[PDB]
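A, B, ... follow the sequence lines: proteins, then strands. Residue 1 opens every chain. First listed ligand is number 1; within each ligand, the first listed atom is number 1. Determined via X-ray crystallography, 1.5 Å.
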Amino acid sequence: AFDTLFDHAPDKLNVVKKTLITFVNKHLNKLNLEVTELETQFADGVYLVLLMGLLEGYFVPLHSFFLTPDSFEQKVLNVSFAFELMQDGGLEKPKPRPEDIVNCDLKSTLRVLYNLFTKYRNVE
Amino acid sequence: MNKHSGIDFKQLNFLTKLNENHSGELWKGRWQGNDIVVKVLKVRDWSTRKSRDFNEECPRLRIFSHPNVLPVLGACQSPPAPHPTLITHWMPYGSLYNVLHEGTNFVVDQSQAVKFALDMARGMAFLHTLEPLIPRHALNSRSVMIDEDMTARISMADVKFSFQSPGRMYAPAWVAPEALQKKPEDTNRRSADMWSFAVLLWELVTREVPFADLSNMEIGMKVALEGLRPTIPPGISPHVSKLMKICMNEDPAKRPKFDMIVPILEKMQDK
Ligand SMILES: COc1cc(Nc2c(C#N)cnc3cc(OCCCN4CCN(C)CC4)c(OC)cc23)c(Cl)cc1Cl
């Protein structure tokens, strides 16, 4: 389903990516954060954690994750934690492994972001 | 056999649902001649371990010995109940938040506000004598209830159980800056509660929700990382100004204890 939007409509893939970029900035700009590149700016898990709190209405205490991760392992822990926050909010366990996000797999990244978009597109 | 069976879920009379959210459902009901509120807890990946922990942690909440503390009357163990469940008496005015910010019928006067402050300080001083401290999510205007004679009472139903997600903070505007950033074991939890009381004082003075224009995530990040603080209200007495400032000291160690501010607030009463 989402895999036809990725591979065999590369100008729709670009439209999905432009859609997701607009959506994540709608929220992250409130923290004075800007996303220009979906290929890498979610790989360390920080923006996913911040995004979940913006979308579901909580603050995430800074001791609960690594705001400035200093290793591949801490980035994987951030993404795993963000996946837990997603399930807390009702989403099914995400398909990609956390390592897939840290390794900048664009498909793994856009699937996760698209599911957040499917659910939260009307949050103000 | 177990020391406590808890409250029998089958004896609860559920009357009307009050709300539902991420943490579960609140119901008005009846139990053994009491008008009650029932919290049905929603817990992801409920397990025997978490159920054991729930049952070990609930007895601490049945505090009947102080007028400014609202006990958990009891809890339903799950199993055999369908879900872990907490029961309190129904407080007719609801939370302090309801009374201050959703009070459609009358505006509480400042004599009542000072009495609320004294009530909360007395209840907090008492809770701070307990060893060990009972873990709570936070002191804030939603975790204080207003009883039928307008007595303010700290609700023990705000308990933080060992299994509940520490990663999601829903009322950060009342949380001390250090508690937004450091694990509870690395903070003085009593001093952190005094910051929360300072914000309650601000709320009683302004009759505004602190940082109402911002989302919870904005509040937490800006207070923790950008030094966002409540603005000191204009046109208040220097005495109230001074009390608010000392309770909101940036240094947790310089904040007064609750048992120190009780006599200050006693003197501010009309009687
Ligand atoms: C049982 O466990 C928990 C209970 C609670 N919450 C409550 C406790 C407690 N404690 C006590 N009493 C409550 C009374 C309530 O409604 C009273 C009517 C309010 N109106 C507001 C508007 N004005 C104009 C008219 C009056 C209420 O309503 C939702 C919630 C209450 C929480 Cl927050 C968490 C747990 Cl875990």
Exercise for the section: Write down the macromolecule with more contacts to ligand 1 than any other chain, named per the PDB entry. Expected result: Integrin-linked protein kinase
Practice task
Name the drug or drug candidate found at ligand 1.
Solution key: bosutinib
Exercise for the section: Give, by letter, every other chain that has a heavy atom closer than 4.0 Å to bosutinib (ligand 1). Expected result: B
Handout entry: Heavy-atom proximity to atom 12 (N) of bosutinib (ligand 1), best of B:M91, B:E102, B:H137
Key = B:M91
Exercise for the section: Determine, using UniProt annotations, which domain of chain B has most residues touching bosutinib (ligand 1). Expected result: Protein kinase
Exercise for the section: Specify side chain, backbone, both or neither for B:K39, according to which of its non-hydrogen atoms lie closer than 4.0 Å to bosutinib (ligand 1). Expected result: both
Practice task
Check whether any protein heavy atom sits under 4.0 Å from atom 10 (N) of bosutinib (ligand 1).
Solution key: yes
Problem - Nearest-contact summary for atom 35 (C) of bosutinib (ligand 1) - protein heavy atom, Å - result: B:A157 CB, 3.5 Å
Handout entry: Residue portion contacting bosutinib (ligand 1) (non-hydrogen atoms closer than 4.0 Å) for B:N105
Key = neither
Problem - Protein non-hydrogen atom below 4.0 angstrom of atom 25 (C) of bosutinib (ligand 1) present - result: no
Handout entry: Contact partition for B:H89 relative to bosutinib (ligand 1), non-hydrogen atoms under 4.0 Å
Key = backbone
Exercise for the section: Determine whether the side chain, the backbone, both or neither of B:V99 has a heavy atom under 4.0 Å from any heavy atom of bosutinib (ligand 1). Expected result: neither
Problem - Proximal bosutinib (ligand 1) atoms for B:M145, defined as those under 4.0 Å from one of its heavy atoms - result: 6 (N), 7 (C), 8 (C), 9 (C), 11 (C), 33 (Cl)
Practice task
Using distance alone, decide if bosutinib (ligand 1) has a nitrogen or oxygen within less than 3.5 Å of any nitrogen or oxygen in B:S155.
Solution key: yes
Handout entry: ATP-binding residues (UniProt) of chain B within 4.0 Å of bosutinib (ligand 1), heavy-atom distance
Key = B:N19, B:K39, B:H89, B:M91, B:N98
Problem - Proximal atoms of bosutinib (ligand 1) relative to B:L86 (non-hydrogen, under 4.0 Å) - result: 1 (C), 36 (Cl)
Exercise for the section: Find all residues with any heavy atom less than 4.0 Å from an atom of bosutinib (ligand 1). Expected result: B:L18, B:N19, B:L26, B:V37, B:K39, B:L70, B:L86, B:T88, B:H89, B:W90, B:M91, B:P92, B:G94, B:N98, B:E102, B:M145, B:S155, B:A157
Filter the bosutinib (ligand 1)-protein atom pairs down to N or O on both sides and distance under 3.5 Å, then list them.
residue, atom, partner, partner atom, Å
bosutinib (ligand 1), 10 (N), B:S155, OG, 2.9
bosutinib (ligand 1), 12 (N), B:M91, N, 3.0

